[PDB]
Amino acid sequence: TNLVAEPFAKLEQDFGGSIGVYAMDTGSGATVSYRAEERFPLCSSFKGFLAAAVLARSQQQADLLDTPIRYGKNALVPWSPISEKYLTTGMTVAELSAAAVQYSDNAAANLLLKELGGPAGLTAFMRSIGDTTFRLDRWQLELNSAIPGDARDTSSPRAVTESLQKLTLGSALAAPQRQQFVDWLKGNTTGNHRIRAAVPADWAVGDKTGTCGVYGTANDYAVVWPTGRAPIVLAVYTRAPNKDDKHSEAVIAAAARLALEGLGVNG
Ligand SMILES: *C(=O)[C@@H]([C@@H]1N=C(C(=O)O)[C@H](S[C@@H]2CN[C@H](C(=O)N(C)C)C2)[C@@H]1C)[C@@H](C)O
């Protein structure tokens, strides 16, 4: 980290808030860390871990992913771009999971959170893989309040990265479910201006974004596969002191670039 600690501080000072980064080179175990153990709001980024928890359950329930789910108009909350198109038909659990990951579909996320036993059930899943930091406490959209100092609905960049590595590259999911989780992340549509903007076009990447809409709070986490070397797992989270401070995608991309530079990944 010492290779880039000064550029990280300058970046967050220009941003006018706080930036949290953890990045892990899964080959050597080398890391880059900046505010890595501070809590930041998850915002919509909890939905990636939600889809992983669904996949974990599907290991014990072979009919889960194909199960149709029907929902009423009152389930459709703002930014439900996929589930609004299937209001009159329903969608399967797998389809809802893909929509939650790849479009950050809010109705889909709420339906899946219900299936898993709510915020505590997702928290329990994260505990089961060894993440003692993650906490989900509320539902979409109350969980995005991003109040300064409020630990509800937060994690740290380090724990996000550690859990993402276990789920995408480690043994937390069985191999078929692991590849499905990776495929959903690779198909994300909402992150082109964040970690992906720091990653060369010939490298594979999967990610999940979050944007709370207040307190300069937004984030992205990703697995990146540079060619010819082991994958990199990283998390970039931001917040800022004032409710109407705006988030910045460019700052997230810039922080990801610094993380890769610190790890010595030529990009
Ligand atoms: C999650 O953080 C919110 C929902 N998830 C996303 C996403 O792409 O991760 C969008 S936030 C994205 C950033 N700029 C736009 C915005 O903030 N809007 C539309 C208000 C779109 C979506 C809102 C969740 C809190 O709803």
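To match the PDB entry, the residue numbers of chain A are left as they are there, and the shown ones run 26-57, 59-252, 254-294. Both backbone and side-chain heavy atoms feed into the values below; hydrogens, waters and symmetry mates do not. Atoms within each ligand, like the ligands themselves, are counted from 1 in listed order. The way this entry was determined, per its header, is X-ray crystallography, 1.1 Å.
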J.: I'm curious - which drug did they put at ligand 1?
T.: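 It's recorded as meropenem (bound form).
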J.: Would you let me know which chain has the most contact with meropenem (bound form, ligand 1), using the name from UniProt?
T.: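 Per UniProt, the chief partner is Carbapenem-hydrolyzing beta-lactamase KPC-2.
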J.: Relative to the heavy atoms of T235, which atoms of meropenem (bound form, ligand 1) are at a distance of less than 4.0 Å?
T.: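 Listed by number with element, the hits are 7 (C), 8 (O), 9 (O).
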J.: Which residue and atom does the covalent bond from meropenem (bound form, ligand 1) terminate on, if one is modeled?
T.: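 The covalent link runs to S70 OG.
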J.: Counting only nitrogen or oxygen atoms and a 3.5 angstrom limit, does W105 reach meropenem (bound form, ligand 1)?
T.: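 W105 vs meropenem (bound form, ligand 1): no N/O contact under 3.5 Å.
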J.: Would you find the UniProt active-site residue of chain A that's nearest to meropenem (bound form, ligand 1) and tell me the heavy-atom distance to 1 Å?
T.: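 Heavy-atom nearest UniProt active-site residue: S70, 1 Å.
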J.: Does meropenem (bound form, ligand 1) reach any of the residues UniProt lists as binding beta-lactam in chain A within 4.0 Å (heavy atoms), and which are they?
T.: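 Of the UniProt beta-lactam binders, heavy-atom contact within 4.0 Å holds for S70, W105, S130, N132, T235, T237.
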J.: At a 4.0 Å threshold, what atoms of meropenem (bound form, ligand 1) neighbour a non-hydrogen atom of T216?
T.: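 It comes down to these atoms of meropenem (bound form, ligand 1): 8 (O).
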J.: Quick one: does atom 20 (C) of meropenem (bound form, ligand 1) have a protein heavy atom under 4.0 Å from it?
T.: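 Given the 4.0 Å cut-off, atom 20 (C) of meropenem (bound form, ligand 1) does not count as touching protein heavy atoms.
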J.: Please could you name the atoms of meropenem (bound form, ligand 1) that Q166 approaches to less than 4.0 Å, counting only its heavy atoms?
T.: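 Heavy-atom distances to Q166 below 4.0 Å select 24 (C).
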J.: Heavy-atom distances under 4.0 Å are what count here, so tell me which part of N132 touches meropenem (bound form, ligand 1): side chain, backbone, both or neither.
T.: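 Just the side chain.
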J.: Regarding meropenem (bound form, ligand 1), does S130 bring an N or O atom to under 3.5 Å of one of the ligand's N or O atoms?
T.: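 There is such a contact, yes.
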J.: Looking at meropenem (bound form, ligand 1), would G236 count as a contact under a 4.0 Å heavy-atom criterion?
T.: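 It does, in that a heavy atom of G236 comes within the 4.0 Å cut-off of meropenem (bound form, ligand 1).
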J.: Geometry only, no angles: is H274 polar-contacting meropenem (bound form, ligand 1) at N/O separations under 3.5 Å?
T.: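 For meropenem (bound form, ligand 1), there is no N or O atom that lies under 3.5 Å from one belonging to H274.
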J.: Within 4.0 Å of meropenem (bound form, ligand 1), heavy atoms only, which residues of other chains turn up?
T.: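 Using heavy atoms under 4.0 Å, it comprises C69, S70, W105, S130, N132, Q166, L167, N170, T216, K234, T235, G236, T237.
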J.: Can you list every pair where an N/O of meropenem (bound form, ligand 1) is under 3.5 Å from an N/O on the protein?
T.:
| unit_1 | atom_1 | unit_2 | atom_2 | d |
| --- | --- | --- | --- | --- |
| meropenem (bound form, ligand 1) | 2 (O) | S70 | N | 3.0 |
| meropenem (bound form, ligand 1) | 2 (O) | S70 | OG | 2.2 |
| meropenem (bound form, ligand 1) | 2 (O) | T237 | N | 2.8 |
| meropenem (bound form, ligand 1) | 2 (O) | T237 | O | 3.1 |
| meropenem (bound form, ligand 1) | 5 (N) | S70 | OG | 2.9 |
| meropenem (bound form, ligand 1) | 5 (N) | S130 | OG | 2.6 |
| meropenem (bound form, ligand 1) | 9 (O) | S130 | OG | 3.3 |
| meropenem (bound form, ligand 1) | 9 (O) | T235 | OG1 | 2.8 |
| meropenem (bound form, ligand 1) | 26 (O) | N132 | OD1 | 3.4 |
| meropenem (bound form, ligand 1) | 26 (O) | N132 | ND2 | 2.7 |

